[PDB]
Every structure is written in C-alpha cells, then in structure tokens.
**Q** 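Have a look at this one before I ask anything.
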Amino acid sequence: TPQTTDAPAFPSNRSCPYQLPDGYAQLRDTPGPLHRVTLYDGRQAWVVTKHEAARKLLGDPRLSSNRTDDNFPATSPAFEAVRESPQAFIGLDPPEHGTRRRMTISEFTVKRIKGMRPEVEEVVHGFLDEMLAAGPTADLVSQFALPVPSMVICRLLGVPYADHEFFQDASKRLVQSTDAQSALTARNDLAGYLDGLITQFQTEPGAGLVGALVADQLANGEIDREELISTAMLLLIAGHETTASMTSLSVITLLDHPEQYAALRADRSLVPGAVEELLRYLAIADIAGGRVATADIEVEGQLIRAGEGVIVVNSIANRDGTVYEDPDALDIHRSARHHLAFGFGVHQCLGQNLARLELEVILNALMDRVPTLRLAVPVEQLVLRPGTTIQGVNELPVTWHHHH
Ligand code: HEM
Ligand SMILES: N#C/C(=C1/SC[C@@H](c2ccccc2Cl)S1)n1ccnc1
C-alpha cells in the first residue's frame, strides 16, 4: 500500500541553510498557486507557493491575521501559547490593526533609521572589538549575531540592556519551544518583566518606545496595558531573533559563494542589493505566513472556503522562476525587487528597514575588520533549526587570522 499523499506534512526542515527543503522544491515545481498540506495535528490547510498569488492573497482582507481564531493554521503545539494570549497588531485586522500599528511607526521611519546608523555602527564595532580582542575560535551567534540586534532593539524600546541575559533567554525559549507549556512560560516571563517596566515608567517617564506608549496612549486609555505588553514583546522578540538569523545565515551563505563574497568586498555599493538578494534567498520567516479565511476565495480555479487555514510560504514564493530567473542561484547582482521575505500589504514587516540597515552595517564591518573570517566547522556539521520556527543556526563556530 503506497504512502504517497496529496497533502504532504508541513512544514519541512532545511537540510542546507540556504536551500529549499526537498519537499518545498516539490511544491515550488507543482503548477498552481495553492497546494494542500497536513499540519502537525492532522488538520488540512492550504499553502500558497507562487509569487504573484502570494502577493494577491496577502493583500486580500478575506484572509484574516487573527491568531485567536480556532481555525488559524497552527504549525506546532507551541502555537497554542499564542492562540490563548493577548494580541499585538501582527494578529489584528483592519481597522484595529491600523490604530495599534500607528502607535509604533514613528520609531521605524526612514529618518529615524538614518539617524540610527552611527549608533548601529558603534554597537557592531563594539562587539567586534571584544570578539577580535579575545581571538578565535568563537561562536558568532552568542558573541556577535545576537548581541548586536539585542542592544539596538533594547535602546529603541527603552528596555534596559542590563537585563539582556533574562530576555534573550526568554525570547529564545518563546520562539523555539516545541511545546505549548514551555512557550507559555517564556511568554509569561516576558510579560511580567514588561509589566514592571510600565509601572516604573508611570513613576518616572522613560525613554524609548515603551516609555512613549506609557506616557501617551496608555495614559489616554487608547491602548490596554496588556496590549502594550504584547506589542513591546512582539518588537523585542522580532528585534532579537530575525536579524541575528540573517547575520549567521548570510555569513554561511556568502562563505559558500566566495566569488560573490569577493565581488561584494571589492565594491561596497553592491551591499544593499546583496542584502535584498540574501533576504529573498534565505527567507527566514515562513512562520509569519499564517492566515484564516473569513469568506470563500476563488484562486485561479481553486476554492479556499471560509474557515480554512492558508499559509503564505514566502520562501517558496521567493523561488518562483517566473519572477527570479534561475531562482535557486544566489546572485547578488540580480534584481531581487518585490521579494516577499518581509511580507506584503498592511502587515509588511514594520522593522524591514532597521533589518536592512543592520545587515548592511554588519556585512561591511565583517568585510572591513575580519576579511579572514571562515567557519571553524564544516557546513554539514551545523545544526539547523526546524521549519516550525525562524530559520537559522543556534551556534556558528568561526575562526580568523588573530592579529595581536
Ligand atoms: C530579516 C529580518 C526580518 C524578517 C525576514 C521579517 C519578516 C517579517 C514578515 C514576513 C512579516 C509579515 C507577517 C505577516 O504578514 O503576518 C513581518 C511583520 C512584522 N515584523 Fe518583521 N522581519 C524581520 C525583522 C524585523 C525587525 C528587526 C522588527 C523590529 C521590531 C520586526 C517587526 C515586525 C512587526 C512588528 C511585524 C508586524 C507588522 C504588522 O503586522 O503590521 N521585524 N516581519
Ligand atoms: N510572525 C512573526 C514574527 C514574530 S516575532 C514574535 C513571534 C512570537 C511567537 C510566539 C509567541 C509570541 C510572539 Cl510575540 S511572531 N516576526 C519575525 C520578524 N518579524 C516578525
């Protein structure tokens, strides 16, 4: 009795940091914008696997972002720690979505991100100062890739970096837990921490976005205290984990494509385009593609019924050869325009240009200060995170030429 199914298990795990899982390549190749999958609990759901259809469905308000809905597509038991939890605007639909998102946009404008560049460069070179002073070997994740965005997002939020070991540990536990209880505990750890910060700011107004939300919107009853906690937690976790993963995966990927890494070093005007290509190619945030239909939607002859879960798999859409010629070739010179690594539409990543700024500063700094950087272990020996979380590696051993 054959085991072939027409609803393969989803998600799949990467076997190479920068390649689609074998099962995803299969979905990429199968014609049609949609494909059935089976989630961890046996429920069937749709995945979107082509680029233009992914944009269209991300733009369709009939695909709700409401994670509290019973039919929202959960890809791991740990999701249940989010289904029964208060809801940042990543999980809201218009019109509620806009009222909450606009409370935070002032910290992520182009003018603010520009103003942050000297501060980001200082943080980047500070952690490189310390890592290089100590000499190889080092774990790039714990010594550089994680602390840099953590320090940056703490200052943006007004979260004291002195507490970094606490919330770095909680952030990891929340995002990578494979059971609801572990994720729920980390959620509650972070919430209790953030609730105390709020009360402190009500005594002594503080800097940063959390300080501003306490002094203004909270004081005016325009955001619930618990929504403020959920909102700060979203930005804190998003600010830590995603950028850190782009750094480690970009280093791995660039060292596996030395001709392009050399071309990048030789002409730094290529770095912004290289960042876009790396974002398209590494597409680390499929876990951010879940949707639930609130009405029937006809998609190129296929029918999404009201109440069905839909996952917009931007990593697969980003390998659509009708948009990106030879889509599985890394090409830092190609047009990676219109990639979906940050989503599309009303929920397109609030932090996208901070992430672009941090990756540019980081790649230039590594090429400037550590041109002899190389992995200290074979790529095959790295441990990749599973497809139920943000893609990446939890450790990245590196070495380099030690200058005394
Ligand atoms: C390379 C790094 C990053 C990637 C690949 C990424 C990816 C994404 C994606 C795909 C979405 C859309 C989710 C959806 O449609 O439901 C999203 C939304 C979001 N991201 Fe990021 N992100 C990154 C970095 C950041 C950073 C540094 C922040 C800083 C706070 C951040 C904050 C957010 C927020 C707040 C949202 C929700 C926006 C909304 O619902 O209106 N992200 N991100
Ligand atoms: N989607 C998404 C996304 C997230 S980071 C915070 C994640 C989270 C997971 C489980 C429980 C609570 C929370 Cl708050 S969900 N992200 C990543 C980059 N930009 C946005």
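Residue numbers start at 1 and run along the sequence shown. FYI, side chains are in, hydrogens and waters are out, and symmetry mates aren't considered; it's all heavy atoms of this structure. Header says: X-ray crystallography, 1.8 Å. Counting starts at 1 for both ligands and their atoms, in listed order.
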**Q** Report the name of the drug modeled at ligand 2.
**A**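 PDB records call it lanoconazole.
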**Q** Which chain is the chief contact partner of lanoconazole here, under the naming of the PDB entry?
**A**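 The largest contact partner is Vitamin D3 dihydroxylase.
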**Q** Provide the binding site of lanoconazole at 4.0 Å, counting non-hydrogen atoms only.
**A**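 At that heavy-atom cut-off, the site is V82, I90, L174, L234, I237, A238, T242, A288.
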**Q** So which heavy atom in the protein is nearest atom 17 (C) of lanoconazole, and how far is it from that ligand atom?
**A**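 Protein heavy atom with the smallest distance to atom 17 (C) of lanoconazole: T242 OG1, 3.8 Å.
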**Q** Source organism for chain A according to the entry?
**A**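 According to the deposit, it's Streptomyces griseolus.
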**Q** Could you tell me which atoms of lanoconazole, counted from 1 in the order shown, lie closer than 4.0 angstrom to a heavy atom of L234?
**A**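 Lanoconazole atoms under the 4.0 Å threshold to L234: 6 (C), 14 (Cl).
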**Q** Report the UniProt calciol binders of chain A that come within 4.0 Å of lanoconazole, using heavy atoms.
**A**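 By heavy-atom distance, the UniProt-listed hits: none.
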**Q** Which atoms of lanoconazole have any heavy atom of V82 under 4.0 Å away?
**A**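 Close to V82: 10 (C), 11 (C).
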**Q** Can you tell me which residues in chain A that UniProt annotates as binding heme end up with a heavy atom closer than 4.0 Å to lanoconazole?
**A**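 None of those UniProt residues has a heavy atom under the cut-off.
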**Q** How far is atom 20 (C) of lanoconazole from its nearest protein heavy atom, and which residue and atom is that?
**A**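 The closest heavy atom on the protein side is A238 CB, 4.1 Å.
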**Q** Return the closest protein heavy atom for atom 8 (C) of lanoconazole as residue, atom name and distance.
**A**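 Result: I237 CD1, 4.7 Å.
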**Q** Indicate the residue and atom of the covalent attachment for lanoconazole, or state that none is modeled.
**A**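 In the model, there is no covalent bond from lanoconazole.
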**Q** If you have a sec, work out which protein heavy atom is nearest atom 2 (C) of lanoconazole and how many Å separate them, to one decimal?
**A**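 For this ligand atom, the closest protein heavy atom is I90 CD1, 3.4 Å.
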**Q** Distance to 0.1 Å, residue and atom name: give those for the protein heavy atom nearest to atom 15 (S) of lanoconazole.
**A**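 For atom 15 (S) of lanoconazole, the nearest protein heavy atom is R67 NH1, 4.2 Å.
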**Q** At a 4.0 Å threshold, what atoms of lanoconazole neighbour a non-hydrogen atom of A288?
**A**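 Going through lanoconazole atom by atom, the ones under 4.0 Å from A288 are 1 (N), 2 (C).
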**Q** Considering only the protein, which heavy-atom contact is closest to atom 12 (C) of lanoconazole, and what is its distance?
**A**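 Among all protein heavy atoms, the one nearest atom 12 (C) of lanoconazole is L174 CD2, 3.7 Å.
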**Q** Tell me whether atom 10 (C) of lanoconazole lies less than 4.0 Å from at least one protein heavy-atom position.
**A**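 True for atom 10 (C) of lanoconazole.
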